[PDB]
Asks: 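Quick one: structure below, then a few questions.
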Amino acid sequence: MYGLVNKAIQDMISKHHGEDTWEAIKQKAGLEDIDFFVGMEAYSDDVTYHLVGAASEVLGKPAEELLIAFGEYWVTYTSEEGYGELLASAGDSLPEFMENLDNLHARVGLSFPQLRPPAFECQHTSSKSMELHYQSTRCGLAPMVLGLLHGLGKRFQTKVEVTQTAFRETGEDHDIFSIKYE
Ligand SMILES: O=C(O)CCCCN(CCc1ccccc1OCc1ccc(CCc2ccccc2)cc1)Cc1ccc(C(=O)O)cc1
């Protein structure tokens, strides 16, 4: 993924657990060679996976737990590192934000040609609920989506419940979430 993702992981871990832990996690992933991540440079996804994998081992938490937390961090981090207005441009509510997400990524992609954005499809079951279909070129990031959604709830001062109803790992086509929200 683009380096901003890896920069955000670094930032999250460094801030919550200190530099020495991050330096240890960086070493285990086998990325001691990389002196800093370049935010607008495309990396192999394995770099992200290896950082999550190594942080799971070093912190003694599951990777998925870390994905949830990172998903929550991402929404705040990007608002502060040059993406606040773009985020604002996608709306003042969770359902609106999700409807706008495919277009928000179209904007990013002009800038960044190797972007592999996920596809989202909303189906509004009420004015307080929706089912969300999540489709991706990447495997195992559903837990991050769960965090992202909870990041958005926090951003819009909204109570959000998210449950995954279908997983790519029970054989299903794509991930599907059920969402209820204030
Ligand atoms: O892949 C999967 O399954 C999904 C993994 C989730 C990754 N994630 C989900 C976005 C998202 C989802 C839900 C809610 C809020 C969200 O945040 C909105 C938002 C804000 C800011 C930016 C700046 C991007 C940028 C990238 C590079 C340079 C500058 C700017 C992007 C998006 C974004 C992402 C997608 C593809 C790539 C890539 O392909 O690398 C890298 C990152």
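Chain A is numbered as in the PDB entry; the shown residues are, in order, 1-182. Remember, it's 1-based here, ligands and their atoms both numbered in the order they're listed. Only heavy atoms go into these numbers, but all of them, side chains included; no hydrogens, no water, no symmetry mates. The deposited model was determined using X-ray crystallography, 2.3 Å.
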Asks: Specify the drug or drug candidate modeled at ligand 1.
Replies: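 The drug is cinaciguat.
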Asks: I'd love to know the main binding partner of cinaciguat in this entry - how is it named in the PDB entry?
Replies: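 With more contacts than any other chain, that's Alr2278 protein.
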Asks: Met144 heavy atoms, cut-off 4.0 Å: which cinaciguat atoms fall inside?
Replies: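 So the answer, numbered in order with elements, is 5 (C), 6 (C), 7 (C).
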Asks: What do you reckon, does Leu149 put a non-hydrogen atom under 4.0 Å from cinaciguat?
Replies: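 It does not; every heavy atom stays at 4.0 Å or beyond.
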Asks: Tell me the protein heavy atom at minimum distance from atom 37 (C) of cinaciguat, and give that distance in Å.
Replies: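 Closest protein heavy atom to atom 37 (C) of cinaciguat: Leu115 CD1, 3.6 Å.
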Asks: Starting from atom 15 (C) of cinaciguat, locate the nearest protein heavy atom and write down its residue, its atom name and how far away it is, to 0.1 Å.
Replies: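 Its nearest protein heavy-atom neighbour is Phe97 CE2, 3.6 Å.
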Asks: Can you tell me which residue and heavy atom of the protein come closest to atom 2 (C) of cinaciguat, and the distance to 0.1 Å?
Replies: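 Protein heavy atom at minimum distance: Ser136 OG, 3.3 Å.
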Asks: Can you tell me the protein heavy atom closest to atom 30 (C) of cinaciguat and the distance?
Replies: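 Of the protein heavy atoms, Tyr83 OH, 3.2 Å lies nearest.
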Asks: Looking at atom 11 (C) of cinaciguat, what's its closest protein heavy atom, distance included?
Replies: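 Going by distance alone, atom 11 (C) of cinaciguat is nearest to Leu148 CD2, 3.9 Å.
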Asks: I need the contact type for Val145 against cinaciguat. Using non-hydrogen atoms and a strict under-4.0 Å cut-off, is it side chain, backbone, both or neither?
Replies: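 Within the 4.0 Å criterion, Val145 makes no contact with cinaciguat.
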Asks: If we set the cut-off at 4.0 Å for heavy atoms, which region of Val75 has an atom near cinaciguat: side chain, backbone, both, or neither?
Replies: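 No part of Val75 is near cinaciguat at this cut-off.
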Asks: Any idea what organism the entry names for chain A?
Replies: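 Per the PDB, it's Nostoc sp..
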Asks: Consider cinaciguat: state whether an atom of it lies below 4.0 angstrom from any non-hydrogen atom of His105.
Replies: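 Heavy atoms of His105 do come under 4.0 Å of cinaciguat.
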Asks: Under a heavy-atom criterion of less than 4.0 Å, does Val108 contact cinaciguat?
Replies: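 Under 4.0 Å: yes for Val108.
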Asks: Going by heavy-atom distance to atom 3 (O) of cinaciguat, choose the closest among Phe70, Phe112, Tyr134.
Replies: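 Heavy atom nearest to atom 3 (O) of cinaciguat belongs to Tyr134.
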Asks: Do me a favour and list the nearest non-hydrogen protein atom to atom 17 (O) of cinaciguat with residue, atom name and distance?
Replies: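 For atom 17 (O) of cinaciguat, the nearest protein heavy atom comes out as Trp74 NE1, 3.3 Å.
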Asks: Report the nearest protein non-hydrogen atom to atom 40 (O) of cinaciguat: residue, atom name, distance rounded to 0.1 Å.
Replies: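 Protein heavy atom at minimum distance: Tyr2 N, 3.1 Å.
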Asks: For atom 4 (C) of cinaciguat, what is the nearest protein heavy atom, given as residue, atom name and distance?
Replies: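 Looking at atom 4 (C) of cinaciguat, the protein heavy atom closest to it is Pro118 CG, 3.5 Å.
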Asks: Which residues are in the binding site of cinaciguat, using 4.0 Å as the heavy-atom cut-off?
Replies: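 Within 4.0 Å (heavy atoms), the residues are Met1, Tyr2, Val5, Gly39, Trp74, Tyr83, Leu87, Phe97, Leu101, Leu104, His105, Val108, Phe112, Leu115, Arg116, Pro118, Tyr134, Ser136, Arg138, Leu141, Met144, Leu148, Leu152.
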